[PDB]
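The following structure: ciclosporin with peptidyl-prolyl CIS-trans isomerase cyclophilin-type.
In what follows, every chain begins at residue 1, and chains take the letters A, B, ... in the order their sequences are listed. Residues with modifications are recorded as their parent amino acid or as X, and additional atoms are not taken into account for contacts. Every heavy atom of this structure was used, including side-chain atoms; hydrogens, water molecules and symmetry mates were not.
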Amino acid sequence: XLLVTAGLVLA
Amino acid sequence: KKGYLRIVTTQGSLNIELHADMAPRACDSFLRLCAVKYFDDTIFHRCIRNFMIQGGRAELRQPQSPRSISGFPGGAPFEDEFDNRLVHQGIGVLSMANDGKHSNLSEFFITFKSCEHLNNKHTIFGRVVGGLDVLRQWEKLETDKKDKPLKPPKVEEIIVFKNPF
């Protein structure tokens, strides 16, 4: 999807 | 009480207002990191058209600290700060990247457009008040399979014009 992560980018 | 700063990159400059009034800890951390030139040579390493561009990762600095830390003594993560008047609406929202609750260090993003599913998940701590057209050019950058631009904009320096702490 549309996330703002730091290491495990998810859907 | 607001903070004011310019991020100067190899592909344009951004004028930024920090909401030190509504997100004091995130603004303070950021400015403490600006003080020791932490962001110099870091890149914008993740860029998704119609969403955001992401930066601030110490580990990806193309050169002082090799791992990501907050601006506070010890470098520990700090808690989230939300406010109903601060939403991920429109272009140029400055917000914190994380890996869940209260895991704020140094990584941040600037929105290309609304992404309000991020409200109350990410500390919004500023907005771009000048350079929206630099942002619009960044949005067009070609990126690899992992969404890293082929030519990532790299921070040359950050000029702080006002730190209220």
Enumerate the ligands or chains that make up ciclosporin.
-> chain A
Non-hydrogen contacts within 4.5 Å of ciclosporin | B/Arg46, B/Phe51, B/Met52, B/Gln54, B/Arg57, B/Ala97, B/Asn98, B/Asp99, B/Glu107, B/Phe109, B/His117, B/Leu118, B/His122
Pick out residues of ciclosporin that reach chain B with heavy atoms under 4.5 Å.
-> A/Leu2, A/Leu3, A/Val4, A/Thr5, A/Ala6, A/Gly7, A/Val9
Which organism did the depositors list for chain B in the deposit?
-> Toxoplasma gondii
